[PDB]
Structure formats: structure tokens, C-alpha cells
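The structure to be discussed contains carfilzomib (bound form).
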Amino acid sequence: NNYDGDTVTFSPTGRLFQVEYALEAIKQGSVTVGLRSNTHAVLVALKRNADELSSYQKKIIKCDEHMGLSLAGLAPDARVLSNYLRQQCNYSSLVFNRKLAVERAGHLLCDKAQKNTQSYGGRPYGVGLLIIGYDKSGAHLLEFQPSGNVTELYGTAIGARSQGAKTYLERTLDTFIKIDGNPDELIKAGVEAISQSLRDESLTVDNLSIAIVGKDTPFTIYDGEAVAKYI
Amino acid sequence: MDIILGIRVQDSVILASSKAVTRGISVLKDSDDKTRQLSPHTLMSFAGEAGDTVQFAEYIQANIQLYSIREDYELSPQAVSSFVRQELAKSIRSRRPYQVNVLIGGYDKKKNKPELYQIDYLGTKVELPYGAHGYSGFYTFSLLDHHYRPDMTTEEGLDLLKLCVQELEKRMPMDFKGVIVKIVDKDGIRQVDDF
Amino acid sequence: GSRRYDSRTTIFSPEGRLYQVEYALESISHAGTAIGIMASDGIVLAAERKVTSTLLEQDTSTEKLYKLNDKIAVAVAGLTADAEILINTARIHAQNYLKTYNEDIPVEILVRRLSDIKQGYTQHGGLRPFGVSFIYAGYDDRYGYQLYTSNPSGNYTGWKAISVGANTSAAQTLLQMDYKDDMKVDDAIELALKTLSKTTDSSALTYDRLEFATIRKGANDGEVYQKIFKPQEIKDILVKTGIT
Amino acid sequence: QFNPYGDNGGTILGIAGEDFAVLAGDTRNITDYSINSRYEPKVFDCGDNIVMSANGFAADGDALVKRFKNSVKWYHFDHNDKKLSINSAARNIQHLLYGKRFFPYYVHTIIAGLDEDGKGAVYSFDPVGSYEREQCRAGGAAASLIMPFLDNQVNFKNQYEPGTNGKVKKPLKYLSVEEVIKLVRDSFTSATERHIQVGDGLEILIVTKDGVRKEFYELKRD
Amino acid sequence: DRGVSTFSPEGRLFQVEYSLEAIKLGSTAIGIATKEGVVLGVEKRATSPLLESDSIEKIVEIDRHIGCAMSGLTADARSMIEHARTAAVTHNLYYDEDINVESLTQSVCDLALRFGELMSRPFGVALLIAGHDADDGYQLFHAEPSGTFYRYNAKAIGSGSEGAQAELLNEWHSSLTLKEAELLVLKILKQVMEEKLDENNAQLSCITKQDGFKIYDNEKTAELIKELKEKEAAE
Amino acid sequence: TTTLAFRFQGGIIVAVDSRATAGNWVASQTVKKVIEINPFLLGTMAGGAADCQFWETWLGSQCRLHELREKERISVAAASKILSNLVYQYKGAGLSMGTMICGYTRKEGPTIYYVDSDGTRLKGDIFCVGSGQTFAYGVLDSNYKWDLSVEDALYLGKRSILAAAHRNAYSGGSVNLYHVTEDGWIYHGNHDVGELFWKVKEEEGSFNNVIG
Amino acid sequence: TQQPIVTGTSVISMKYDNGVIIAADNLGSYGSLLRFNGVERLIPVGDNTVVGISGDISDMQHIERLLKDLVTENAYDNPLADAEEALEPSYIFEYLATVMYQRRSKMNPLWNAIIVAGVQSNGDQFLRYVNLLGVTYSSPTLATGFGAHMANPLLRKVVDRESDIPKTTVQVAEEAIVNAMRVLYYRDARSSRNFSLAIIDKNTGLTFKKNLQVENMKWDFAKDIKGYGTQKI
Amino acid sequence: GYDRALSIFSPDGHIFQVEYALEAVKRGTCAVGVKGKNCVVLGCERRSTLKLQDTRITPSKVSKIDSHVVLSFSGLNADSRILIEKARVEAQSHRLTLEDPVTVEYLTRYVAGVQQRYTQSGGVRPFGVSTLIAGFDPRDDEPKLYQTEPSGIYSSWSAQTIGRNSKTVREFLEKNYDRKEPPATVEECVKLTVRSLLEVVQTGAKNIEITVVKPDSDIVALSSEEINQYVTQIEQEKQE
Ligand SMILES: *[C@@](C)(CO)[C@](*)(O)[C@H](CC(C)C)NC(=O)[C@H](Cc1ccccc1)NC(=O)[C@H](CC(C)C)NC(=O)[C@H](CCc1ccccc1)NC(=O)CN1CCOCC1
Ligand SMILES: [Mg+2]
């Protein structure tokens, strides 16, 4: 009310309203799902269009050969954060000849988002990210929120009606976690998960967006006729 | 760049500047005009380091032309020469100084008098009846000391100038390919085409 | 952040006016009146000191009339402290010009630069404008005797006779009535004092409440002299015109 | 006074065929009269069917290759995984080199691959970025030994058709991958014989539309 | 007052949303993409009859293979075009090749959100960026001040956009010829324009692989306008 | 290097050799010393290969940005001055460039500008640039007339490079010919000195110093 | 622009079937003065890497601090700091190689020659060299300074190429290293008798041996040598 | 540095600071530009509440940017000086690098670009100025007349007016100016310009300024008597 003019102001109950309004931008964004087993990690994203004449907004971005994310909310903010991740992954490779740990990737994003919530003039990032990767400790899935909070998960979902997919994964947890050495089945579980967040619309060939990374699989994105298999 | 001469007579200033542009063992050009018009009644000749000469001349030209537009008024030769000197005086203590020597021949319309200023790359200004830069002066000064008179006409000044060029063509080691002569008077600046 | 406390000094009103410039002019309208009158053989500067106290040291005082160089002077109306900032800048600018061209600065060039500084404070920087209006009196070999005025907007204009400060409306009407083009300095001196005497908010105009100056070619042969009047000299000129 | 440059020796060689290109280089690394390594590769697969070698001062050579490899990576990120053509790579490398015009990379750079018509391509660079496409180029310590031999055997220079009174030149033709590797091996054994900084091993990278293949051969170790 | 980079309770940037209202006040601009080329057309909208309409430059070249149309506060587009042209030429210098249309659009859209308390406010202009490259062929992009860009088969921006977009929805198909697209822009422009459409108050342009980006002459467009009227009366 | 360009009745002839050296080591015989900036503008290269190659391709980018911004092809004067002002910024840094900006516009007509790395910019009708410039001058000047035909002018430019290619050790390889007209530049082929010398010797009867 | 003041001489090393061996004497020379005798020039990083350093000792101590800080930084927010995400020899080397080249490129080098010896997580032997110029190379045997001239020839007789590595045991490899250190003591005027030796094995781990001495030296033949030519007495 | 975003969007999509800058232009004295067949004429109003003025030294309303281009304006007088100075500097800079004087379009585009920059730069307000820029391109005889405004938009005009009561004089020009046949001579062009100002001005004494620009840097300002002759001629023809 009187405490939402900028990010530098606390409310009387200790809330940061600009951060909460940034969180609100994610809820309006199109649904995207993340889940992993022990061998692979999968991103599934429902892309959104302006109208039938327009293209479908690309949700998934590659950060390195072993890491990438999906976005929900302000796409330009995802571009800034993904670019930062690309540089950090790259710095780790050039300087230390070392693939960046997915956990450090999350710590770096957390700290970058945080600085924007404590200083005057700036604004919080208006996007949520689901980071997947495969590093020296196996497969990983992270959930980034622009408040700064990063959380490692077996599976999750963000965006509009994400609660449906999140409930499904909470039920299916014991099943999909053990899908080891089988990419197509892990994707199927992710495609069935995102289907629980659909209303009136269904998954078409230029609507669905899938990405995967794993043990002997570089981070690769599937769009167009390459996802027709999973419909 | 080598030979630039200046002679102030009764009612005009005459500048003579060599036409040769030499690089190494090759005369690249024999029709080079080593001068810029700073204003309708002010002319500046120049000589020195390659590149610096033209870059400096045009920079001054732009500044004087800017002043003329702003004030709708022509700066006096004295004022222009003081501006030029200050620029060179700044330059000599810069990271890379302009290695350019200039003569400024102008006609002051308020005083109705011709004026010749000699300024070297250090920012050393002097008003003179006749001037020269480089090795030219080692011949022409003594020659002009003898033959020059303050009440001479423009035509007498041109004959006096011919006497300088002839001496330079006789005793100078390098072939400077003749000179372009320009006259500055009450009616402005004009070029002598046959010299 | 700090946005909360920003007055926004350099913005337009809905009517297209600059708030701070208008309010600075309102401030100047309460300042002691200053009059400039340009004659064919010189310029007169006359200014009324702001409600003088009897214990004020009058002879070693300078409130209204300042010297910029040997050929140019100014009469001030508004905040004196603001004026002195601008005066020192103007003095330096005149010396920069002399150093560069070996010639005394033309009056308009000095006025334009000083007015450009004022303009800057109205368009950028977020600072309040200078609450000062000047009357420039000066001479050069191009235009001869010249009178200008500048105000907080940074706009300047040339005049034959002009007033700034308090009661300019009444003062300008009186000047417009009695001024003529073939006027002499001595006549202009009389007009300046008569105008102040009528427009003043004081009971009677006296020597101790005035500053006076002339810029004549009254020196020996083709050269300009600046005369900042002494208290006794103002006392004499006030008697000579029959005001006291 | 500290001297920021050094000479790591070695020599490299690029030959272009009709539908292939090779980039060879010896594996010896030296300083002064000492051998640092008998097997230190300096010919690298940089992705997008581009092979590269920057011979001379190895520290600068490694830095350049490292920066170009990174340039390829970011080219994919910024331009929707578009394949970096050999001509585009060459121009990019010019800017990398010329970027340090006043503190140069002390290397002779050669890249090899296929052009956009599928034909074999070799580009060579001087230390400050001047580049040129050629059928043939040797670089490094023994370049002065190998290059004239390549002019004679690859481009058939000074060779005329027998009995034509030195009037008809020997006609230009593409060489097979088998014939090119013969010339590379003979070039390096000859250079090994007469140049002290060349020897130990020969590593050849062959580029076709199918990918990047490697071949290794022993050289004299004296 | 309030911060420039402030979020509303709904989760949108106030200034970005307000700039979108300014774009709705702008003159109409329509783009249609086909397999034979991309067509760009604009409403000039001269404020007075004394204004020389040919000086109204709302269609602009970025490179030989990329063109651009604008709508909204058109003065704001100048620095966007300048950046686009430099980006296009700079890439050619670095890589000895034409730059992808998408990459060019992305470079322009990176400027968009570089505002706050960088420039003082978002751009008040939307751009239709049309071009061709070897990889993705003929393309049309809509670049907004939000920093977002969508690819479109056909797109209208400006005051008559929602009406024109609904019309483009029905009329567009994947087998449109270049000539058919030209007439379709003129048809839809004439519908949404206030004043009557002619060669002086409307401008056409196109980009083809062969001839590159070309702004049509008033003589060429006048014939297409005449061809359009005859075809509508013919049934 | 040896390069030249001269103005005549039928426009401009531009001729260059193709050799590149590193000391006494002949590094290349097939270098392109003419840069095609646009259909009406050419640039010649002499001195530091990288310096010339890099900055003249950069010049082409600047000339392109001009015609996008101004909707008009850049003048030869303005093009040459972009380059001269650029190298002047680097004066003393050690750039080595001897260039000629040759082209045609409506307002200027056929125009040649000499531009070098120490800041010199000269308009003129005839220039020869490079270590072999003097050898080219000798043949060019002694045979030059304004009223040369396009055929004779092309040959004289070719013959002048050949002369320098022969006498100067740091020039050779092949001759590249260009002809600039009101309609733009026209390429007139690559001519290898290996065959050209003997062809010229036999047909012309010149080069009697050489063992035939 | 520097000049080295207090210096350390040769660092020598080689690969063997299960790991690597590295050695360096304990001397800190001050020109011709053999100033400091308790200087440790082998610095372990974790339980899988040993960095041997020669050249300027002040710069060596700076590098020690960097490596020490690298271990600290790696532990931050890293639950697997003593397991999968522990510092590898390849990470440590690339870091140093980056620093060495950056410093030479700023015309202010770390005046050192460095050999990073260790064993990777997958069991592979790691041995690589880097110096003040940022020059890097790897070989079955590596040595710095006089070691390059005298030790390498001896160590290469044991492991002359890659295929000789599996055939070389830790006993044979250590014997050659210890022999090389003796030869360096005979012939290098800035060497000492006291030295340290480190073995990094993929099975037995890191074994750090301090206070070793050169022994079994041949000096007896010196008594027979009289004069410089003719002299009989 | 002062960073505040003064020019910003409002809910309805307007930038009030730019629109309020237009109100300042609307307050300013009237300025008119009319281009004939071989010339351009710039007419300017001068308000007559200021007597005892010195017209020798008072800044003229029309300013020369170069020998071939002129600039008049309406709005804040102090603001105009900054644009004029920048334009004059750019004119000399263009001659220095391109070796050719600016085109009228280029000079306009520059001035318009400066005005635009001040509408989305932090810490500054827009210029309260609209300009009429007129002249002839080098080696060209086609007349050029351009207008700029605070927002930064610019465009070419056959004839145009700006300032106070400009809508009245624009109404006049819209019916009196023929595109097919512009003023064939200098006299015709000046007369139409004076006529248009007489719809608004008051008296045709020392209130109207006229500046005529012709090809090849031929610019001249008319005196009082010269202008008064047009005023006397128009009034006599009016009484009919
Ligand atoms: C005639 C041939 C006279 O030179 C022409 O002027 C040609 C002009 C054409 C090529 C544009 N000029 C040259 O061939 C030019 C001559 C030259 C050499 C050095 C400085 C100035 C002028 N040659 C070069 O520039 C060569 C071209 C290479 C061989 C393709 N380049 C070099 O010599 C380079 C780079 C020189 C350099 C300049 C500035 C900073 C750093 C370096 N140097 C080497 O290649 C060094 N060297 C070669 C032999 O192996 C050891 C390393
Ligand atoms: Mg050998």
C-alpha cells in the first residue's frame, strides 16, 4: 500500500511488496515443469503465443554442454540471468578447466538476484527459472525465484496452474526417480506431468518444448517435429 | 613541406609557398597548396611534419569559421594570430605536439593595414615586414634586408618575391617545384596564377 | 530513496512555464530598484540600496554596482551572494578572452556566456536557479555603448533605458516618457535619479541609500573611463539636480 | 630486463584437397637446446569442422586457440546454433590477432576445414592478423624448408610438360587424401633431418564432411 | 512521485505498460511474411496538407537483407535504427557474412529495458523488423519496448491494430504470393485508416532474397492501389 | 609492394602486384592488394599487410554506414578522409600503410587520393606507392599521356608493375588490373609475371638486359 | 619487470605405473650465497596434488597463499568438498597457468617455474609444467632449471615414452629420482644435499618425505688427481 | 550527477514534460516559413509590449547556422541558443570531415536528434523550442524548409508556422498556398509571408522580421522600410 513504492522498503509485517509483485509476474507466465532421475534431468515447457499468426515464445535456454534452464515470467530477465550463468560456467572452464557445479550455479543466481532487492533504484528480476544439469555428483534440478531463494528438488513446476503438475509429481515421485538409463520414459513422465496443468488447450507439435541432460547426453532442446513422438 | 615566405608591403601581404610534396626519394606532388583561408581577409600558410600541417591548419580554419558564424563578424589578424599562438603554445607541452610552423598574412579592415605574423611550432609569435620558415630564411632575410622598402607596392613586392625564389632555386639543395603566390589586401584573398 | 524530497527545480508547469524561474523573478521584484540609461556619449547606472541602516558603513560598501573589467560594469538586483558567484565567473571569462585574442571582450559575448550559465541551471542539474537579474553597462569598438539585462531564465535583451528589481512597471513608464535618442550623459544622470525618486518606497531619496556609476568617453582622447561614484559625489549630484 | 616472448619451435603444415583438408604439425616442444616434450599437441579440433594451430610462442598459441574455441561457443549462443563457416572463422581470428596489434601474439596461425560449397579450405595468418586463403601453407621453424617443396609438389611450380619446349605448364589438379598424406610425411621427415627443432612425432588432422579424423606417425628423436 | 523501474501489483512494469498506450496512438504499420518475400506497409498520417508527405520516413533500411517499419513516438526509433545498422555492419566486419534477422532483432531488444535510475524511460515506439537469411528464410518480427519480440506470419501495430489483426487472421495463408501480400496490406490499411488511402498517405516496401530491401515508389504503389480497387469491384 | 593508379581520358587505371614478404623471405605470391569497397570505390594496399587489410575493410564498413544514414554513396574525398583521420589518431604508434583511394562519383568525377600512415592525404592524377614505386614511376611517367586509350592505359599500368616486379626484389608474383569508369570499377584479370615477362619481352622487344 | 632475489633451484619429477613422484631440494639461494637451508619447495594441495616450485621464493610464498586460499574457497557452500567436488590436480594447474600468463601479460611476472604433480579422481596420473612466461607442457618426465639439462636425460632412460609408464614401478622410479638429485648435487652450484620428495599414488595416496639426504657419493678418485696437466706431485 | 527521470510516460501514454514543452512553444512569438520556387522566406513576430529596445544589439530571431542554412524558432529564447550553438558546431565539423557543407535535411536531423535526446535523458528537461530550418543544399537550387519540435520529430514543409496564434496563420497558408504553383519570385514569397503574419501580428511597424535565403549562400535580412512597403501595399489592396 504505502510500502510498495520500491524494493528498499519493508512493510510493517516485514514483507517486500516489490519482490512479491515480481513473484506475481511468474504466476501469470506459462507453465513449465522440471523433473529428474539419477541418470537424467528433464525440462518440459508449455510455450505461449500472442495469437495464431505469431510464433511460440521459447521457454528453454542452454547455458553449457551440461547445464540449462527453462523460464516463466519476464523473458528479457531470463536472458540476463541465463547470460550470467553462461559466463560463470565459462569462467569455471577457462580458469579451472572445471565444469561448474549445478549447486554453485544456484548460489550464484541467488546472490545476483539478492543485490537487486536491497538497493535503491534497481528492481527485482521478474522471472522464475528451473535449472537442470548433470555434473560430478549426478543429475540435478533447481528452482530459482527472484526473491533470491534457490531450492534443489527431485521435481517441480512454476507458472500458471503449476499446482496441478506439482501435485502429480508429488504422487509420482517414487516412480519417475528410478527411470534410470531411459530418456524417453523420463520425458513421458514430464509430459504427463505438465498435462495436469492444461485447461481447454492440449499439447500440439509447435506448442510443446522439451529439453534433456544426462550421463552420456549433452544439454539438448527438442522443438517442432522432434516432440511429435511424445504427444 | 619546406619553403614558406611572407612579405608585408604598403597595402597588402604576399605569401609564397612551395608546391613540392616529397616522401623519401620521390616527389609525390608538384602542385600542392600549403595554405588555408581562415577568413575572407586572413590567410595562413604552413610547413612542418607530414599529417600535422594540414590537420592543424584545418582545425584552426574550422574554429575561425565557427567564430565568424557565431558573431556575424570577422576577427582581426592580430586576434587570429593570438588564437593560433595559444593553440601551438598548448600543443608544445602536449603528449604529441603539432610540429607545424605557420605564417599568418591578413588585412585589418578597421585599421586599413596589412599584417604578417610568423609563428613557429613552439608558439613563438612575431609581427614582421617579411618572414620565412625553415632554411629559406637563411637566404631570404639578408636579401630582403637589402632590397625591401616599407612603402612598396604589391607589384614591387612580387618582383621582390621573384628575387627570393630565384636565389632559392639557385642555392637550395632540394627541388621545391616553384611556389604558389597569394595576395591578401582590402579586397580579400586572390591567387597569382602565373609565377 | 531520495526521490521523495526532490523539488524538481527544472520542470515545466502545465501552462509551459518554469516554476523556479517565475518564483525567482518574484523574489527579484522585491529587491532594490536598479536603472540603466544609455546616452550617445556614455551610460548611466543608478541603483537603490535596500532599506539602509544609519550605522551601515556606506563608503567602503558594494551591494549593487560591480566592475567586470575596465570597459564593462553590472547593476545587480536580487540575491547579492548569487550575483557575486556569477560576477567572478564573468570576470574570469573576460580575462580568458583577453588572454586568447589579445583584445578586450565584446560586451554581448560576455553577456551571452553569463546568460548561458543561468540557462543551464533551468534545464539540467536539479539545482535552484540564480535569483539574480543583471543590468550590463559596457563599451566596445564594434557597437559602442550598450545596455543589456539578463534574468534567472538566462534570457537577455538589449536596451536604451531599462529598470530591474522593484517597481519596474512604474519605472519603465517614467523612462519611456522622458527618454529620447539624442540624450547626453548629464541628462541621463538626471533622468535616472528622478525616476528612482518617484518609484522609491522610501520617504525621500538620499545619498546614503544610493549607488551610482557612469561609463563615459570623458577621458583624454578615444578611451573609456569607469566612474564608481563616492558617497560625497552622489551627495553633490543629488543637490545639483535639485532632489535634496 | 624481462622478455615476455619465447620460442617453442616446431612446425605446421596445411594442405587442401577437393572434398577434404589436412592440418599437420610435429609434436615436439622446445626451449633453446632443450626438449620440453616429445608429445605436446598443437593442432586442435575447434568444432564446426574447423581445425586450428597457432605455432611459435606456445603460451600465445594456447591463449589464441582457447579464445577462438570460446568464440565458436558464443557464436552458437548468440546466433541460434548456426554453424561457423571457415571464412567467418578466419575473419573472426583476424580481429582476435589484430586486437593485440601493439602487443602481438607471437604465432603463425593456420586453420583448415571445408568451405560452404564443401570444398577443402586452408587459411593462414601472420602474427597481427593479415590472412589469406590458400591451397597450401607451411608455418613455423621449418616453414622455409617445407614451403618451396609444397610449391613444387602441390601447385606444380616450375614444372613444365615434357617435350613442349617449356611452353605448356604442368596442369593443376586436386590431390587425393592418400597423396597429400605422402607429401606431409615426406615434408616432415625432410624437415626433421635438417632442422633441430623439428622431430619426435607427427600428428595429422584430416577434415571431411564426415568429421575430423586423426593420424599419428613417429619422427626421429635426435 | 514513484520509481521508473517499479512493478505494479499485477506484476508488470508501469512505464513499459504506459509506453504501450503511446504505441496505440501511433499510425498504423502492417507486415506480412510469405515464401516469396516479406511486405511492410505503413500509414504516413500527415498532420496537415502543407506537410510534404514524402519526407515522412516510417519505413527504414537496416541492411540490404533487413528492413524496418515503426509505429508510436517515431523520434525514439532513430537511436534504435542506428544501433541496428551498426550491429548489422559490425557483424559483417567481424564474421564476413550477413547477420541473422533474429540476432539483429535480439540486439535491438537488448536496448529496450536498458532504462531506469542508461536512458530515463522506455522507448515509446514499436518496430516491425522484416528480413531474410539463409537459415530461417523470410521472417517478420515485432519488437516491443518490453524487450520482447515475437515472430509473426503477419502483424499489425498502431491505432487500427486490433481491427487489422483480426482481418489478417482470416486472410493469411501459407501459400500467399508476394503480389497477393502487397494488395492485402493496402486493403487492410485502407480499412483502418481515417483519411482515404492513396499513394501519398501510405507507403509500401518489401524484402526479397534476390533484390534485397526496397521501398516502393509512389508510382508503383499507385498502380497496386488501382489494381486493388478493381479486384474488389470484380465480385 | 608496388602499386599504382593514374587518371586519364577514360577514367582511372589501377594496377598492383601480389607479392608479400617477411624480410627476404617471399611469404606469398597471391595477395590481393586491391580492396573492393563498393561498385564505385577501390582501395590499394602497401606497407604492413595486416594494417592495410584490417583498416581498409573497416573503411568499407564505414562507407556502408554512410549510405545507410545519408541514403547516398560516399564521396571519394570523404572516404579517403575517414581513413586519413583514423591513421592520424594512431600517429606515432607504428602503423605502416601506403594507400590510394580510387573511385568515381557524380559530383567529383574520377578521383584518386593518396593516404599514408603518417597522416599525408593528397589528391592527384598519378601516384605510385610501395618499395617499388620508383621503378613504376620510371616507366609510367615516360609513357603517360592524358589521351591514352582504355586499351593502352590498361597495358601501361600492367607494364609499369611488371617493370617494378622485375627490378625490385620485394615486388612480383602477379599483376592485378582494374579500370574505373562512370559506371563503376571493372576487373581486368590476374596476370602472372612468370608468363607475362616472357610474353612482353618477345612481343615488345624490351628487357634486353636479360638472357633471352 | 622484476629480478629474482632469493631463489630455489631444480624441481624434478616423473610418472610411474600407479602415480607420480616429485622432488626438490631445501635451499633458498641469495645469488652465490647459500642463504636459507630450511625451505620447503614442495607444497601439497589436498591429499592428491603436490605443486613443486622453483625460482623466486617471495613469489613462491605468494603462490602458497593462493593455493591455501583456493582450498578454503572450494570448501564454501560445498558439501562434497572432501569427495566428488574436491580440488583436482587439473583444476589447480589450470588456475596457476591462468595466473602465470595473466601476470606475464601485465609485464609483472611471478618469477617461477612450476610443476603440478598429482593423481586425478579417475586414477589418471597428472604431471604438467608452467613458468613465468605462461608456457605449459606435459611429459612423462618433467624438470626445471639444471634438472631439465641433467635429470631429464636420466629419467628418460627409465620412461622414454608413454608405453614405458605401466612398466615402471614406484621402486624403480624413486631410485631414478634420488639418483638425479645426487647428480644435481655434484654439478649444480646452487643446490643442496638436503631435499624433499613426494609420491602421489592412486592406491596408497600422498606420501610426503622430508629431510632426505644425497648419499652413496663417489669422491675417492679425487685423491689421484694432481695438478692440471704436467705436475706429478 | 543529477539523474532524475523528468520526462516519463503517464497512464494514458503521454509524456507530459514533452507536451508542456509544446505549451511553451505555443506561448512564444509567431514564426513562419514559406518556400517559393527559387527561395525560402522566414517571417518572425516581435511583440510590441517592449519599447525602448535597442534593435541593433538585441538577438535576432533568425540565426545563421552556416552561410547557406538559417534557423528561426518559437518558444524559450534561452533554450534556442543551445540548439543554435550545437548546430553551428556540427556544421563546421561536417565541413571538416566530409569536405562539404551540411544539407538542410542533415542539419535538421541533427538538431531534431538533440531535442529527442533531452526527452529520454536523466536529469534534463526537454527543449521548450520548435524550430524552422531553411536553406539550400550545396550546389543545389531546390528550396528546403524543415520543422522540428521538442519531441524530436521533424518533417519537410512547403510552408509552415509555429508559435502563438500559429493555428490562425496555418489556416491562412493552407488556402492561400498552392502546391502546383508556389511563389514564383522573391517578392511573391515575401508578400505571402508578410500577409500571413498580418493575420496575427497587430501592426506592421517594428513587429515583423523578414529574412530571405537564396541559393549559393545568398542570405539577407530586410530592413524596416523594406518590410513596411509590403505592409503598405497589402493594406491598400485589402480595402476593396
Ligand atoms: C611489398 C611486398 C613490400 O612489402 C608490399 O608493401 C607488401 C604489402 C601487401 C602485403 C599488403 N607488404 C608486405 O609484404 C609487408 C612488408 C612489411 C613487413 C613488416 C612490416 C611492414 C611491412 N609484409 C608483411 O606485413 C608481412 C606479411 C606476412 C608475411 C603475410 N608480415 C610480417 O612480416 C609479419 C607482421 C609484421 C608485424 C607488424 C607489426 C607488428 C607485428 C608484426 N611478421 C612476421 O610474419 C614475422 N615473422 C615472419 C617469419 O617468421 C618469423 C615471424
Ligand atoms: Mg631434428
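Convention: sequence-line order gives letters A, B, ...; per-chain numbering from 1. In what follows, every heavy atom counts, from backbone to side chain, and hydrogens, waters and symmetry copies are set aside. Just follow the structure's listing: the first ligand is 1, and inside any ligand the first atom is 1. Readers should note that the entry appears only in part, and the reported contacts come from within that part.
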Exercise. Please list all instances of carfilzomib (bound form) by ligand or chain.
Key: ligand 1
Quiz item: Per UniProt, what macromolecule holds carfilzomib (bound form) with the most contacts in this model?
Solution: Proteasome subunit beta type-5
Quiz item: Which chains, by letter, have non-hydrogen atoms under 4.0 Å from some atom of carfilzomib (bound form)?
Solution: D, F
Quiz item: Which nucleotides or residues of neighbouring chains are within 4.0 Å of carfilzomib (bound form) (non-hydrogen atoms)?
Solution: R101(D), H108(D), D126(D), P127(D), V128(D), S130(D), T1(F), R19(F), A20(F), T21(F), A22(F), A27(F), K33(F), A46(F), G47(F), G48(F), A49(F), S131(F), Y170(F)
Quiz prompt | Residue, atom name and distance, where the atom is the protein heavy atom closest to atom 5 (C) of carfilzomib (bound form) | solution = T1(F) OG1, 1.4 Å
Self-check item: Heavy-atom distance from carfilzomib (bound form) to nearest UniProt active-site residue of chain F
Solution: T1(F), 1 Å
Exercise. Identify, by atom number and element, the atoms of carfilzomib (bound form) in contact range of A20(F), meaning under 4.0 Å from any of its heavy atoms.
Key: 10 (C), 14 (O)
Quiz prompt | Numbered atoms and elements of carfilzomib (bound form) in range of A27(F), under 4.0 angstrom, heavy atoms | solution = 29 (C)
Self-check item: PDB source species, chain F
Solution: Saccharomyces cerevisiae (strain ATCC 204508 / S288c)
Quiz item: What protein heavy atom sits nearest atom 28 (C) of carfilzomib (bound form), and how far away is it?
Solution: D126(D) CB, 3.9 Å
Quiz item: So which protein heavy atom does atom 43 (N) of carfilzomib (bound form) come closest to, and at what separation?
Solution: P127(D) CD, 4.0 Å
Quiz item: Which other ligands or ions are positioned less than 4.0 Å from any atom of carfilzomib (bound form)?
Solution: none
Quiz prompt | N or O contact, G47(F) vs carfilzomib (bound form), cut-off under 3.5 Å | solution = yes
Quiz item: Where on the polymer does the covalent link from carfilzomib (bound form) land: which residue and which atom?
Solution: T1(F) OG1
Practice problem: Please state the name of chain D according to the entry. | Solution: Proteasome subunit beta type-6
Quiz item: Which carfilzomib (bound form) atoms does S131(F) reach within 4.0 Å, using its non-hydrogen atoms?
Solution: 3 (C)
Quiz prompt | Protein contact of atom 37 (C) of carfilzomib (bound form) - nearest heavy atom, named by residue and atom, plus distance | solution = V128(D) CG2, 4.1 Å
Quiz item: Counting from 1, what carfilzomib (bound form) atoms have a heavy atom of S130(D) closer than 4.0 Å?
Solution: 30 (C)
Exercise. Cross the UniProt bortezomib-binding annotation of chain F with the residues having a heavy atom under 4.0 Å from carfilzomib (bound form), and give the overlap.
Key: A49(F)
Quiz prompt | Closest approach of any protein heavy atom to atom 10 (C) of carfilzomib (bound form), naming residue and atom | solution = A49(F) CB, 3.7 Å
Quiz prompt | Per-atom contacts of carfilzomib (bound form) with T21(F), taking only distances under 4.0 Å to non-hydrogen atoms | solution = 4 (O), 14 (O), 15 (C), 16 (C), 23 (N), 24 (C), 26 (C)
